[PDB]
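Shown next, in structure tokens, is the structure this report addresses.
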Amino acid sequence: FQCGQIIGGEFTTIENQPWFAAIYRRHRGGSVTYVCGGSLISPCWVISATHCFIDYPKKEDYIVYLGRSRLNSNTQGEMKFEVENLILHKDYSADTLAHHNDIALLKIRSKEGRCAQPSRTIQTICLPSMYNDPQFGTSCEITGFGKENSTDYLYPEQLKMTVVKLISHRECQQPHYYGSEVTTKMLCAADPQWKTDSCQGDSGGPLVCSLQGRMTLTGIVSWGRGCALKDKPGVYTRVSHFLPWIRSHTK
Ligand SMILES: NC[C@H]1CC[C@@H](C(=O)O)CC1
């Protein structure tokens, strides 16, 4: 492994986002449904958002897939996993509109007792170095099985991706935007003409940026008001500010 090597946007294959994890819940009735996204950060660890699991925190109930480009069908080279350990951030909160410390860790273990193995469809995403983010106005990529329009009932069957641009705290903390709801441990991103964005079901997925030739996990899909609404960008967990929390649990 060599690390880092939807409204609008386009369809894609997992070769373009080989770090993408598709997380599913098995329920209480035997039926399995899509919960949300995630990113492979090391062979045994997938990173996502706490809000994806806060209502069902029993590890035994989740299924993780790597190398999956299709929602309810099989893709050649996909690897299935059990969640060995589900770590939610104890300081998670969502009392108001914003979700605070919205980050989660999933230890993955296949029925064959193995962790993720590199292939053309399974790869790791580079974690940022402490506090090192791309410049405001940088184009980064988002990926998911989320809705194509907020009013849609169904989820697309094929994986999607688009490009969004990082927005400064100054701009995002404006009152017609999110105001004081966005903290410094969050990152805002949007399409300049509000035509593309992450939507419902893209939660936990990554905001992938290129820094020093490395695709970096700069954000994790967290929250926002609607999808692709003027002045209402997608808000992301600012990974570069959660490194001791990640390290503390992957040691
Ligand atoms: N645009 C980002 C935002 C992330 C998920 C959210 C939700 O699941 O409610 C809707 C949109």
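Quick note: residue numbers are just sequence positions, from 1. The deposited model was determined using X-ray crystallography, 2.3 Å. Counting convention: from 1, in listed order, for ligands and their atoms alike.
Structurally, the main neighbour of ligand 1 is the chain that UniProt identifies as Urokinase-type plasminogen activator chain B. The PDB lists the drug found at ligand 1 under the name tranexamic acid. Defined by non-hydrogen atoms within 4.0 Å, the binding site of tranexamic acid (ligand 1) is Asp197, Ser198, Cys199, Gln200, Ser203, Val221, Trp223, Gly224, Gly226, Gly234. Within tranexamic acid (ligand 1), counting atoms from 1 as listed, the ones closer than 4.0 Å to a heavy atom of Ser198 are 1 (N), 2 (C), 11 (C). Nearest non-hydrogen protein atom to atom 4 (C) of tranexamic acid (ligand 1) is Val221 CG1, 3.4 Å. Within a 4.0 Å radius of atom 8 (O) of tranexamic acid (ligand 1), the protein has at least one heavy atom.
Geometrically, tranexamic acid (ligand 1) and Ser222 share no nitrogen or oxygen pair separated by less than 3.5 Å. Residue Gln200 has no N or O atom closer than 3.5 Å to an N or O atom of tranexamic acid (ligand 1). Most residues of chain A touching tranexamic acid (ligand 1) map to the UniProt domain Peptidase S1. Every atom of tranexamic acid (ligand 1) is numbered from 1 in the order shown, and the set under 4.0 Å from a heavy atom of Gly234 is 1 (N), 2 (C). Scanning the protein heavy atoms around atom 11 (C) of tranexamic acid (ligand 1), the nearest turns out to be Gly226 O, 3.5 Å.
For tranexamic acid (ligand 1), the atoms sitting less than 4.0 Å from at least one non-hydrogen atom of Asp197 are 1 (N), numbered in the order shown with element in parentheses.
Of the polar atoms of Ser203, at least one N or O is found under 3.5 Å from an N or O of tranexamic acid (ligand 1), judged by distance alone.
The UniProt active-site residue of chain A having the smallest heavy-atom distance to tranexamic acid (ligand 1), to 1 Å, is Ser203, 3 Å. Per the PDB record, the organism listed against chain A is Homo sapiens.
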